[PDB]
Structures are given as structure tokens and as C-alpha cells.
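Co-structure: rifabutin and Scaffold protein OPG125.
Chain letters run A, B, ... following the sequence lines, proteins first, then strands; residues in each count from 1. Counting convention: from 1, in listed order, for ligands and their atoms alike. Below, each value reflects all heavy atoms present in this structure, side chains not excepted, and no hydrogens, waters or symmetry copies.
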Amino acid sequence: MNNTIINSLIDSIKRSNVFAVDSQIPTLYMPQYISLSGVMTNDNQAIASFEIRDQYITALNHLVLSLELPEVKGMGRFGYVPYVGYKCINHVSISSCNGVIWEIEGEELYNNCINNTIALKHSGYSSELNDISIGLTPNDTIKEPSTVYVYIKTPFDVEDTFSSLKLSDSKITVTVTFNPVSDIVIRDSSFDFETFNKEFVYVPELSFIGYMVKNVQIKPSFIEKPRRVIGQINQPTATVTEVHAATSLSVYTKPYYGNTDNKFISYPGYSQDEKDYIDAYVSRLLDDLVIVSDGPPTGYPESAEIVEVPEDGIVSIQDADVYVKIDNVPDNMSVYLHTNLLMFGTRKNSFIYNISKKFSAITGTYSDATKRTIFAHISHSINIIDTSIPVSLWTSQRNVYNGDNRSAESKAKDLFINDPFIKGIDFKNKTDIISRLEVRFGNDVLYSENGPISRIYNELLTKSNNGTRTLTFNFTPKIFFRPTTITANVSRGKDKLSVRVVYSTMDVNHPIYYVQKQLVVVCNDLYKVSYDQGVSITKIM
Amino acid sequence: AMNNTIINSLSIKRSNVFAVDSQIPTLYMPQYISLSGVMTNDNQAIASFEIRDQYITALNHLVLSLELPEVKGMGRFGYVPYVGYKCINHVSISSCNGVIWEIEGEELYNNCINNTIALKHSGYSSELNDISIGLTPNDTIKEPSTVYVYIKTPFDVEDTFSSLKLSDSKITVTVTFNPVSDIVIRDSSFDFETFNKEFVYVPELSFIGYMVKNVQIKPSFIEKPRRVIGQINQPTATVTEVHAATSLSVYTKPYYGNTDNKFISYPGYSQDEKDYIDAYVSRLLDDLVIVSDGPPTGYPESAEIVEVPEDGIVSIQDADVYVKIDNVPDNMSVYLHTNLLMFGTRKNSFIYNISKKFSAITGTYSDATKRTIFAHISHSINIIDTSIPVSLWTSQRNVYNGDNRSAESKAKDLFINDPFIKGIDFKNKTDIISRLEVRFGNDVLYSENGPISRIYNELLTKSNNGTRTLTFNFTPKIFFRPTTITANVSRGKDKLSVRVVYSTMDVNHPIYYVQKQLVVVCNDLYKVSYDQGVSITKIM
Amino acid sequence: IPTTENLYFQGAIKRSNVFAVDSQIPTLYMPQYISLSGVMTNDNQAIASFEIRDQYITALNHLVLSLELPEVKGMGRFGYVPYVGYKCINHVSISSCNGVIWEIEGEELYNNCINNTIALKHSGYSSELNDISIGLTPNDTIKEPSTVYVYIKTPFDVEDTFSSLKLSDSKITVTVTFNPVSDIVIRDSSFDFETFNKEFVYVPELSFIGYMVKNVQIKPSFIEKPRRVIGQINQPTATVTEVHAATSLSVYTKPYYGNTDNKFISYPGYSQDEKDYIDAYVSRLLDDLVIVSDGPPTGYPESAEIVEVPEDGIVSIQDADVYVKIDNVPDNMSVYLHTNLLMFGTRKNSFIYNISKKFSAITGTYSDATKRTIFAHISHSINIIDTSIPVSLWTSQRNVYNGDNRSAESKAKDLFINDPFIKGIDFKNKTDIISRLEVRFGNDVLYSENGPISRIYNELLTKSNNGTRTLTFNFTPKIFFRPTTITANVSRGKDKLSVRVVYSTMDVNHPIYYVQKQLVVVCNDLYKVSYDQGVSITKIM
Ligand SMILES: CO[C@H]1/C=C/O[C@@]2(C)Oc3c(C)c(O)c4c(c3C2=O)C2=NC3(CCN(CC(C)C)CC3)NC2=C(NC(=O)/C(C)=C\C=C\[C@H](C)[C@H](O)[C@@H](C)[C@@H](O)[C@@H](C)[C@H](OC(C)=O)[C@@H]1C)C4=O
């Protein structure tokens, strides 16, 4: 230590000790990780029930659901959706003999864990699970058996032991409803889904941190329970009734693919970036987009317009110019460009949405050894929306053209995607289709915004990179304080939350226009956690 | 079920760790409030936001929205990474009694540098930061976008507890903006003259407002940052009237006022050290290795383009460059530019040559596109090379021509005016400080050779890009009165004098001529009193 | 119609103040960053002693050890292990005149900092340090001199000034024992390690945050000291004796490479992902795997089976088919495939583990200019285990075949890896080799598991992606509360923690089977910090 600091200190005011503290004796307890097998029940929806009844387990928290993924054998393309564990959850319910204590919808549990990288990884996020593997023979192993762990985040984990679920000498039932296996699987037509669906069984195990407490001093607390309201298809409104004490309100959009066969051209697999989705789509198209053939290429529909690339290299599709230059092309062969690989239009001789027009430069070298074109660099304007268009909409009734002018080989490689937690109108939820949000508490306008400033606040306040337009009414510390809520006024009709959105106007000649939307409104109501005590007499009969 | 061993294991006063009394908080109601400002115009843009409402009792979490316009026309254009923070010059929160809290643009950015989410919202995408090209005068270079800048204040530390209370006073939030030149990376082709004339800052301030029923206001303490920028290249800077300081930060900034702010390359959205280097290598390669029918044309007379021998090795003095290109036509030969960029202060002395920084170049010539497709490059190019302004290659100090590149390459040079660059390179990799000496009055307060104060700053703040910082306060904020370095007016200990020893560079290296500026940041303690409106008082 | 009401707060007793707090006056103190040079001692093991003796250093925390890495000159391949700073630490000991206050093993300090990205970076994680650099001339600079910073995390940093180590007018000694330089260096046979080991010296400097406190009010506290027990080689048990008050128990595996020369085929350098390890291995093998030669290739052992690739492109190695197609092959030359690059078999008529059979497609273009094959795309089933096999195990006595059928050029590029902190049986600790864990407190079974649910909990509760099978007993916030421990019953015999694992069964014909294992058990015991007659620690019993 230098002299200047010594002189600065070398009087007597009431000071708080910042260099020592009294190590308070905590409640005498003992934790233990407890694992239990359930009871399976079977629209023949799979339901697992876990009963927790023990004199020693005083309190419990940190629920983790294990799932045994079986060995997948056979032919065809198969892969699991990212975070497979969360995606196979439809509903989680924690109940006692008095009724439901806390419950959540599958998507909401996922939304609550979206900022937890570790919980998402344990759930099932690997190249082993999420890459689309191919089976060549009926006995070939597509996927090896694996175990996934789903962190069932509850309000009891917030402040560890302080927030824990205290079993007041009663039975606790944890009920897990599962989504059909079709929701968690990405497969092609070649894959035998019918056999798989029948043969597949959900193999769960519930784990939790149990606490054996000596002379526990139980006190009443407060809990936030989530409620979900899904609006009418393509309707820009949704209402949450009986709102008396709400801590938060979330608003988001979901696509509805019930009007399609849920088939999509491409899928990136484990690689989940916006660029990864785009690159996978470009790769799938390139095979049919630029062809090196001896004369006019064969195997394409009559509707297809495959033009020979001039010496200039530029092929003009209306106003759009495509520069195609392939090296080491054999003298007997020529370079061809598919000028209408995928096209859409609602009126004859009108605006046409052509996927071939979304390319500006294609360069590569022809391989004599593999009889394939090895593409070097592609200049395109392909977006996340293009990769998110269901194949059905290209060949829909609304289209005046054939639509899908790809080869039968390409069409056979299309994958079924039935992920239950998709948001917006694209796989990455990039496109914001809400131009204005209006929240009304009864007749009075509670909140309005054009830009997603509520989403920006949600992302900041929750340290999340994928948030939703959320209104937070509670800025008080949880567990130690009674949560602040938006309070109702039944007499003035201020007992409901009415959400109204203004959807972005889309072009009728773009296939995304026909993707149906659903408004999702999530409300977190406040409940009081009480512990029933008293004497009851019963007539012996 | 619980096992027998744990059961067997289980008058003393014990604290309840399994239950707590859910305390009734102060009755309040939060609301996200958004306001439009008042624009004022060296004709510097200033946005004023006035906050006053009988129901807005307190506020925190200031977020500034910015409407980036559609950019149309010809040329290369892109935004600097974290565009939102970069366009902020100064933020000032004041009342009728004066300024409550204020910050310089760079300091606000420095405070949010460890916040990934805040940085992303600010504007960090391929859509904004990649250098896009406009082909026709009506072509859209950049689509309109909205960016969100988190104005981190001392009021967010402990949420409602730390929040700024409004004692029936008018709170003004003043945002001074940097010129649009600082947030834009563009080439000569881009019509910046029209862009600068037509561009307008479109701001909107958002904050979390609180309606508090019967608020019980108490006095608090606030840390306000002060910045002192030293004389260009001067290894000294002094902070006067230091009476109660919580911290002191020291860093360096480059100065490019002696250049045209033009640089050869830029990686765009990809911001790693390797990304900067790879972009530079890519830009030089087409001029470095030429496949031509006879001696290549279009280069200055000063250029020394040598034909690559059958051996493949071209010797530039002591440096050997292996150049081997596949599928070269019979009528054409492989050439190496042996002096692409050169610098020297004397005619027969040491030369800094960029071509000598290459050891192996391999590729395949494309007959279809008439260009060389490079496979693998072995080089010793560093982050400093990518950070040299073009002006320094053709400077007066240089005995050589300097820039022996083609007119095509020179036309692709980009103007970079990022206001928050640190050190002498874009990634602030090179540490140019050999010694730090901090004096309080006349006495040496702290002395260091290695950047151990930076290592402590990075550890204690969980940041990967920190500064040489002396922290005097290790006491928890809000709940305690901050610990400070106290002054002695009588003894003369009322100023912080920083003296550095810059590491000396080679005069024959162009980086030597990059001007430096020493930045000293001091955080003074102020008392916040709500008697007769909101007012701050300097602890002395 | 476009107008929407802009109204504020449209949703409106002893109360705790949530909008204001009393700014308590703290203890009068002054911090200072203090740096000290040590005293080097030399089994000739390196030991650095730092004596802290000052009447004004009242308390201290945040220990940071600086290390001056020298300029590395000469020929051969050389690079440092990632996080070089932590890897050179063997043991850290903080002691006073009364004895040891706190101490840690090198690996445990690293384990405690594994979730701290910043601390790991400061330690030495750069392309400059970790990439394997090559020296061409005896005076060529391989590595430039560098300074690394090792954050010696102690229990005194938990609650900053509150948790800080107080110096009761006593001399505090910080002793740092260093691992041999062999442990922190990755080099080939060409590199003169004999001279390097002789010329290398550890150049340390200890830094800490010292606090000069005016009228300090010292109070007794509690400290957790880690204890490590390493089981006998290939022994599935390990016991921790005298367990009286433990806060946690960690169990993990380590490989033992003493039965090998510590040489490995490949190393990715700075790039440390699972894919980076795999890609580096594939790259190293490709040079010998696919050969473009004028007639049968030379330089390989007689044991090697190099087959000419047919016009078909398919080379069949038993039931495995390898598609090899190289472009621009000269007319005087042919394409060859090494069908047994690396092979292992316990019997002559048994299952043979062949690395060449792990490849399905190899495509590239031959360069006439550089006389090399430039590989475009490789389809393989190479895993993290393959990259983790020591070269010695390919040519071991157990193998009835030659094993290593690579060229002398490839074999000369093999690197010595002596990283002291490797876990599991692979470099990334991906493969879980424990099928069952049994923890006993005395003779009674305390905890048993099949799946790694204790590791899943460790990873969740500590927000770490690289955790260990850990049993936590303390769920109470440190420093404010007295830590909750598993208490002993000396009379009943429960005064020891006995761990037992059941290793997952591997195939005898796979070289990984012969990688020897060591069980590591870490126990954190509770000690009382008493400041009567200087600083001293007492074991809670
Ligand atoms: C909402 O929760 C709050 C408490 C109530 O919850 C209670 C009911 O459960 C607690 C739990 C679970 C705790 O772990 C602590 C306390 C309490 C409670 O009382 C403390 N209670 C006191 C007891 C003594 N008084 C007065 C005086 C003598 C100093 C102060 C509080 N100190 C306390 C601590 N800290 C210390 O002693 C030490 C060794 C250091 C403290 C440093 C600073 C000061 C804190 O870091 C500060 C930022 C803190 O306020 C937040 C971490 C948080 O507050 C918020 C708003 O976020 C609390 C956890 C605790 O660790």
C-alpha cells in the first residue's frame, strides 16, 4: 500500500459493517434428487401421471422430465424438431386434492425457457437429433436411441427453497399431456410414418429436488398462473375475460397450416440461423435451376420454360437479368436456366412471383467425374419467407399457373413439418406482421403502439433475444413481495382485456398472403397460495 | 421417495429459509410511455423530450427509437455496427435546478458493451451492417429500419428502488446526435452530398413510467461521468476538482483528421479479427496475382509486376512468394505485383511492403468469368494493416508512390468515420500503453506496467472489452453510500493527473503516423436531494 | 378513425418502501490493486511463494496470477493448450502463521472457472497461442512472447468486501505449484523439447485487490475447502474419509495415458468445437486415404491395401462402399483408395475396426500446378472418439494387425498432447462412460442413479454447459446464512463418502476400449474462520 492512501484514512460516525456479516443459522433441511415413473393413459392422446406422496418430502422444486427417444429404423428421410423435448409437451398440470395449483400450455413453458440455453440443449438440440438423416435399407438405423431432459420451469424455482412447493401433508399429482409424435418429427414421403406413429410410445420419468425439512414454518404466498386465448383464424382480435389481478400480458402471432399438407421444399436441420434456412432452400433449387445437358433438358413439366444461356451469359426473365457462367462444360453439352422454377399469379397477364427472378448471378464448374455442377458463388435475393412457404400454396387453386415446375426427384425430397411452436409467418419469426397493437381494459385504451417497443422492453428486462410484445405490470421483487397487478372494476366493465392488431398488408400475388394467421394473447393472473387446516367429522357408513 | 439415511440425519434460533412474509409494496402502476421530441440544428442535431405529468411519479429504463430511412441510388453503402449507439453524441437528463445526470456518447456505449441484447437492438444485422451496392439511381440500397438504443442510467440498477423520482418538476431529456457521416460506411460512387442534405434524425423516447400513490421520497447518491480528452498525441491529461470519485478509466483513441477517412477494406456484419483480415486479403488478391496475355496493363509506372517463374517462387528481396495458378490459358502467363503497397522515409533504406507479407498463393483460373478463383492464401497480414488509412500510403513522409493498386481497386475504397474506435486498430487489439501513472495531487496514487487494471475491469464487470480502470467503490450500489477517493484541498490533492508511456513504433511503418488521443474518464459522487424540486449536489 | 386515446395508467395499510431506500454509511476503507513478484524454488517441481506482509493491507480478495510466456524459437510444430494459464497450475495454497487457510488442486480451480468466459480468455485462449505454429529455420520465431492472466477464484470473492480474507496482523503466504511445461505444450517430434524444457522458466506475478480498512469490525465466518480423491487406475470406486460437514460432492472420470507415448494423429488448435476436432482428423487422413499416382503408390507399409478406384467410382471394403471421384486426373496417373489406413482386431477372424470404412464419399480436383488433390466434399461417420485415440493403441500388442498403415510423412506430423485437465475418454468429454452412480454415506446408500440426472441438475443450477455428476446439500445463499451440510454420525459409522460407478460396456475390437480410466471424487468440507490470535481455520466436526 502506497503512502497517499494511508494519509487519506489516518471520525466515529454510525457505520454499517461491509467487511463482516453474522452467518445466520438456516432452517434444518436435507435436499435429494428424486425420480419417479408415471402412469400412461391414451383422440388417444398420451397422458402421464406422477403421484408424489411422502411424509419426508416437505417441499419440492426444479421439475425435470426425462424422455426415451427410440431407435428409428427403415427407409426415408427423418429428423427431430429442434428442442424436441419441449415440443412433445402439450400441457403440464400440478394439482393437489383441493384442485389445480399451477398449470401451463406446452408453448408457454417453451416460451418461459427460450432464454435458458442449457435447458434448451438438454431438451434435444444436436446434429445427432436435428439433422435430417436418411435410411437406405429397411433395416438401416436412421436415428440411434437417445434420452432428452425437459426442464419444467415452475414459479417454485424463482427463489429456490423460499419459493418451493410446500406439500402440506398431502398428495401432489404432476400430469403431463403429450402432443402427437407428428409434431416432433420432420420426414419425407419415403419414410413410413404410419408404422412409426403406431409403434411409438412416450417413455417419461419425472425428477425433482425434494426437501426434507425439520419443523417447517409454512406461510401463505402468491403465484402467477398463465392463461392463453387463441383468436379466430385470420381475425385481428382476441379477448381475455375475468381479468381481476394480472401481472403481465403477452401478444404474438402463429401460422395456421391446416389448409396445406404441411410439406415444405427445404429444411436446414441442426443449423438454425436465418442464413442456414436460406442456404438450404437455394441448395435444393440449384439442382433444377442451372442444368448442363446435351440438348433441351428432360424430366420437367411441359409448363416449365428452360432457356439456353447465351454466349453473353445473361438470360432475361422480363425485367430481371440472370448471369449464368459454368466452367469446364463439355462441347456436346450446353448451359440451361429454368426461368420459372416456382411461379404464382392470381390474374392472367398480371404480376408474377417467380423464384427464378430472385437470382442475379450463378457461377460454378462442371464435374466430368460426378456429372454434376459444383456451384462456386450464388447472388440471390431469397428471404426467410421463401423457405417458409408450404408447397401446397404453389399449386393452389388461386394460382393461374402450374406453380411447381421442379423435377419429380426434387418434389420427392419435400419434408413434412408439423412443429407446434412456430410463430409469425416464417420459421425464424423474423417478419413482423403487426403494424399496430391496441390493448383495451374494458372500454378504456390501456396501451397502444405501432413499433414493437413492448417486445424491445420484454427482451431487455428478461435478457432474452427472442421475446414477445409484453406489457409488465409487476416491477416488485417476486416471493419477498406481493406482486403488483392491473386491478379490475366490474361495475365499469373494466374486467376484460381486449387486444386488437393491425396486420401488415401483403401482395395477393405472393404465396405467403395465403398463410393463415392466429392471434395469441397470454395473461398471467395472480393467485393466493393458502394452506388448509382444521377438524372434520365424518359419519361411519 | 426419501431414503432412510437422510431421515436418520435429521432450542436453536433458526431463520426461515422455506417461507417468507409477502410484504405489501408501495401502491404503484407502471406504464411504457413513448414521446416525440423537438429537433434543433456546427448545425448539430439536438432532440428535446419534456416529461411532466401529475401521474408520472418516477421513471427508469430509457430507450431511444430511431427511424433509419430507405437509402436509394448508386454506390456502396452500409451502417456502422451498433448504429444506434454510434449516432448518440451526448445524453442529458435535467430539471429546473439544472442537470441531474449526463453522459458522452462513447461512455454510454462503453457501459452497454457487455449487454448483447442492448447492442443487437441498437442495429447489428447483415441487413444494416453489410456493405450493400446500388446499381441504378432508383435502386434500393437499404430498406427503412427502426433501431432501439437502451440509454442505461443509474436509475435502472435496483429497478423501482433506484428509479428517478419527479418532485412535481419538468424533466428534460436532451439527445445530441453525431453527424450522419460517423454512422455510415460508403464509397466515392455513393452520393453522400445529397444523402447528408436529405437525412434527418427521427427519434422517439420511451421509458417505464410509474404512478406512485403516496410516495415516500428519501435522499440518494448518484455517480456522474466526466470525460477529459488529452491533446493530440500528448501522453498526459488531467481531471480537475476531484473531491469524491468512485472510479477512473484510461484508454486511447485514434485520430484521422489528417486523413480523408478512406480505408481499403471493410468486413461488414462479420466483425472478428480474422473477418477484417480476410476482407483486406480478398481486396488485394485480384491486383496481387494477375493472369494476363503479356505484361499487365492499368497499373502505375511505379508498379513492379514480375512474371512468376516455372519454379513458382518470386523473390522480393529476402521474401519468397510461391504463386501457382491452375488452368492458365496457353496465350497467358501468371504475374505477381511485387510492390502493391509500399512505405519508406528514405530511398535506399527499410521498406514496409504489403506484397512481402504473402508467402503462398494458390488458385484456379476461370475461362468462363475471366478471373482467378483463389483456393488458399498463406500470409502474415495483421489487424493493423486493415486499419491503415489510404492517405498514409500516399503521404508526404513516403519517398515511394505508395499506392500501386489498379484504379478499379482504388475506386472500391470506403470512408469510415466510426466515432467510438479505440487504440490504433478497428478491433483495439494492439496495446500501445507500456506504463500508466495516476497521481492524486502531487502523490503517486497508482502505477502499472502491464494492463492489470484492465484485467480487473474485465473480471469485475464480466466484460471482454474493458479499459484500464481504477475502482474505488466496492460497496453495493443504492443500499449503501458509495466509497470514494476523498480530496484534501489544503494539501493540494484535488486533481487526478494521468501520465502514460506509449510504446514507440517504427517510422517506416505507416501506423506510426496514426494520431493518438488519451481519454480519461472520472466518476464523481453527487447527492440527489428532492427538496424544492429535483437537484444534485457535488460531494466536496 | 386513425386516432387512439393516449391515456396513462388505465388500470387503477403498512407498506414496504419499494421506491426509496436509506443509503447506509459503509465502513471507511480504500481499495488498491497490489502486484508482487515471488520466490522460485525447484523432482525439481516449480513453486512460487508470495508473502503479503503489511499493516495497512487489512483485507484482500480477487487473486490474479500473471505469467510471462517466452519467445519460442527453432524448428518443428508448437502450440499451447487452450487456457494455458490454468493448465500450468498444479496447486494453489493460501496460508498464515497458524497454517493453511484455503487450498485447491489445479483442475478444481479450472473447474470452478469453466463457466467464466472472461477468466478463461485472460488465461490464454487465442489463435496466437493455441494454433499449432511451424518453425522452418533454427532461428525462426514459432511463438512471440505473451502475458497470460489466471484468475485464482477463492471463497473471498463471493460477496466482495463482506467475504474478503482479513489479515489479523499476520503474514499471508500464497504458494503456487506449477505443472511441468510438457503439460501445457502441444508439439511434434521435430520440435526440440529437450532444449525447451531445459531453457523454460515460469515467470509469475501475483496481483490482488487490497483493502485498507479504518477501525475494522472482524466477525467469524465459514469457508468451503475442496478435497480431491483420485481412484486407482480402472477401479470403479473411490472413498473420501473424515466427512463431517460437506456442502457438495462431485464425481467425474479422467483418462490415463501412461500406457501410451501421449502422441495423437491430429489437433484443431484454437478452434475447439466437436466438428473442429473431427475436421482436423479427416484433413490429416485424406492425404493418405485418396492418392493420385502413376501406378501403385509407394511409401506405405506392405501391410497396407491400396486399391485402384474403378470407372464406377465405388471401392468396396467388405460391406462398406466408398465412392471416390477426382476431377482433372492426368492420363498417366490413376486414383487409389487406402482401404485399411488404420485397423484394429483382437482375433484374426473377428470384427475389424477400420477407419477407411468410416468414409462413404470423397470428391475433389487434382491440381497439376501443385501436384496435389484439392478435396471438395467428404461424406464420413468420423466421431470425437476417433480424434481422441492415442497412436500407441493402434499399434498395441492386443492388435493382431499392423494397425498404423499411414505414410512416414503423416506419422511424423503426430502431436504430443499432455493436457492435465482432460475428462472422460474424448477431448470434448462428450461420451458418458458411467452407466450407474452409487454414493454411500458410511454403509447406507445416500444416492443412486442410472442416467446423469445429477449432471443435468449441476448444469441447470450453475448455468454451465460442461458440468459433472454433482450432489448439492446447500441451497441457502452463501455468506448471509451458515452453509447447510450433510452431517456425520461417528457412532453409527457415517463418517465417510464411498462412491461407486458402473462403466458402460465397450466393444473389445474398438481401440477406445483400451483407454484406461480414473475416477475423481471431489468433496467440499465446511470450515470455521476464527480470527483469535491471527487467521486460522477449524474443521466443523
Ligand atoms: C428482495 O430480497 C432482498 C431481501 C429481502 O429478503 C429477505 C427476507 O431474505 C433475504 C435473503 C434471502 C438474503 O440472501 C439476504 C437478506 C434477506 C432478507 O431480509 C438480507 N437482509 C439484510 C439484513 C440486514 N438489513 C439491514 C442492515 C443490517 C444491512 C439489510 C437486508 N441483509 C441481507 C443480505 N445481505 C447481507 O447481509 C450481505 C452479506 C450483503 C449484502 C449486500 C447488498 C446490500 C445486497 O446484495 C442487496 C442488493 C439486497 O437487498 C438484494 C440482494 C435483495 O434486494 C433486492 C431489492 O433485490 C435482497 C435479497 C442477504 O443476503
ask   = Which other chain letters have a heavy atom less than 4.0 Å from rifabutin?
value = A, B, C
request  = Give, by chain and number, all residues and nucleotides of other chains with a heavy atom within 4.0 Å of rifabutin.
outcome  = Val21(A), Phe162(A), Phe480(A), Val20(B), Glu158(B), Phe161(B), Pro476(B), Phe479(B), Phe480(B), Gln24(C), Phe162(C), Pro477(C), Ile479(C), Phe480(C)
